[PDB]
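Depicted below, dacetuzumab in association with Tumor necrosis factor receptor superfamily member 5.
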Amino acid sequence: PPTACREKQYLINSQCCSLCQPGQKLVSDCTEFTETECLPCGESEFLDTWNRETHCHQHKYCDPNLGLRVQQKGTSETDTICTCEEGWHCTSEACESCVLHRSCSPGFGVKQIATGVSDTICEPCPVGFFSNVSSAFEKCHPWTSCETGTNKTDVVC
Amino acid sequence: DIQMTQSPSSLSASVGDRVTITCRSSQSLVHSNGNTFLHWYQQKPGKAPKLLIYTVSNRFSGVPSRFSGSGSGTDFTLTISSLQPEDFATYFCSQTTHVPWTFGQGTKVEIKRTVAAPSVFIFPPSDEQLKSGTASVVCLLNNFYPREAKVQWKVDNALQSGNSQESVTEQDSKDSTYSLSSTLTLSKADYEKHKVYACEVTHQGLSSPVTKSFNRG
Amino acid sequence: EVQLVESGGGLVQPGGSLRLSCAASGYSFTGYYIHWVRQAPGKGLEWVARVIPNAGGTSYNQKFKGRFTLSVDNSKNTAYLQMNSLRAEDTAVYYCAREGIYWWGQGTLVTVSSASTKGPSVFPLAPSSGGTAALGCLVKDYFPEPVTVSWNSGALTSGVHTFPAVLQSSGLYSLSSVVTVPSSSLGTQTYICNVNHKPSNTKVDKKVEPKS
């Protein structure tokens with residue numbers, strides 16, 4: 001008689017039956033003549049795996065206390081996806097907390113602009129280039145060329 | 001719901017010929033226990049569906065061997081190896097792997113044969129009927145092929161409309177022919193005015209439309 | 001073997017109720033689902049619902065989840081389909097099937113109409129005046145379906161053509177049954193159509209013979 005079953009199946013009455021696909025919950029056991037019966041998850045609810053659950057799960061709320069907001073509302077196969085506010089980024093890919101974007105200080109400039117999921121990279125302004133302000137947007141400006149200066153100040157011709 | 005997509009919708013084939021019908025499932029009909037619960041039926045007008053094949057390929061007890069089912073997964077074929085007159089019917093597949101059970105849209109199979117002209121017969125109304133005040137005239141086209149024929153109704157050489165109805169039989173299990181009745185309904189009032197009642201029957205097997213008529217008396 | 005008898009059908013008006021029965025034998029009743037399936041005139045089968053009598057489940061097609069109720073009496077190895085708020089598109093043959101069993105019984109016809117039970121008039125279709133002659137009966141003004149016609153009590157079958165019923169503007173049905181026979185046998189042999197309309201319980205045997 002059967003011991004294990006394959007993926008997306010479960011053993012019941014000495015026989016393999018189908019698990020319910022993502023998006024649906026178990027409602028009635030299979031028989032020897034009929035396969036497992038399932039029902040799509042209702043509004044606000046979801047199930048993201050092949051499963052034998054009789055109830056779906058509630059969509060997570062995006063915690064405002066961590067500067068978090070709904071980005072994509074949850075489907076029946078997918079949880080709520082959160083993100084941060086304008087001007088903040090998620091600490092991780094998984095977006096568990098929100099942090100203000102780094103400003104590149106005087107003598108530095110943005111090598112990379114801040115995204116919504118990662119942070120500003122800064123570079124020290126090399127020879128030939130300068131910056132005099134802290135900004136999460138602004139890059140290193142080049143020196144006025146002398147066909148009519150520091151990592152901070154513009155040269156005077 | 002699993003969608004079954006059956007094809008063809010209609011076919012006509014000569015006695016002895018192979019006939020092929022397809023069902024497709026929108027997803028696999030294989031149970032986790034290995035059984036594939038797809039089934040084929042034949043259904044004759046006015047009768048319940050007769051099982052031909054169960055679980056894809058197992059021919060049912062008593063079913064002739066010319067019926068056979070093949071396929072797997074989402075792709076199934078019903079074959080009639082050698083069509084016979086008695087095989088006129090609507091054929092259709094069934095999935096019972098999942099609830100709801102769902103079914104193919106069916107395939108109407110019809111036997112093709114040589115042309116056969118109708119014998120015509122006209123039937124004056126009963127006097128019994130005339131008492132009720134209504135008067136049904138009847139035309140009968142007998143054992144013709146093909147199914148396309150025209151019945152023209154005439155009252156004093158004057159042609160009718162809106163009043164007559166038609167009916168047609170299943171193809172015959174032996175002849176492979178059709179039969180047509182054409183009830184031209186009237187009232188006693190309107191009936192006893194006019195004198196000649198006539199039936200003009202036009203069909204490919206008659207060179208020139210044939211007429212049958214009576215006169216009330 | 002395993003046998004399931006459908007029972008209960010007939011003519012009921014829009015908004016009426018009706019409980020069909022499925023009486024089962026030849027198998028252990030409590031271990032298997034009975035399903036109900038229906039077939040509207042001219043259309044395909046449509047799955048209605050199932051129930052398993054271990055009291056351990058019932059499944060309904062979305063379409064019928066309000067109005068229909070499955071039900072079981074173990075003492076009588078019977079399952080029941082209760083249909084409510086009936087509508088004209090619920091007119092169908094209702095069949096009945098045990099999971100695992102792929103053959104169909106005769107079912108039980110349910111008709112849903114405003115109209116009422118009336119039996120038919122059986123007028124004749126007298127043979128006109130050696131070769132072939134045609135005679136028959138006309139079965140006019142009846143409701144609901146069905147009606148049967150047999151000739152000479154089943155004795156006569158070759159050459160018979162009982163046409164399908166036809167709905168008249170009247171809202172009433174009318175079918176002819178005819179037979180072709182030797183013209184020789186006119187008067188030498190007797191012709192009786194047996195019309196039978198179980199809805200209205202009208203039985204009519206009618207002799208048909210040449211008009212004089």
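Below, read A as the first sequence line, B as the second, and so on, with proteins coming before strands; counting in each chain starts at 1. All values below were derived from every heavy atom in this structure, side-chain atoms included, with hydrogens, water molecules and symmetry-related copies excluded. Header entry for method reads X-ray crystallography, 2.8 Å.
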*asked:* Just curious, which ligands or chains go with dacetuzumab?
replied: chains B and C
*So which chain of dacetuzumab (chains B and C) has the most heavy-atom pairs under 4.5 Å with chain A?*
chain B
_Deposit source organism, chain A_ = Homo sapiens
*Which residues of chain A fall inside 4.5 Å of dacetuzumab (chains B and C) on a heavy-atom basis?*
A:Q9, A:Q15, A:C16, A:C17, A:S18, A:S28, A:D29, A:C30, A:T31, A:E32, A:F33, A:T34, A:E35, A:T36, A:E37
_Curious which residues of dacetuzumab (chains B and C) reach chain A - heavy atoms within 4.5 Å, chain and number please._
B:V30, B:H31, B:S32, B:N33, B:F37, B:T96, B:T97, B:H98, B:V99, C:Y32, C:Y33, C:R50, C:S59, C:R98, C:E99, C:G100, C:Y102
*Please give the name under which the deposit lists chain B.*
Dacetuzumab, light chain
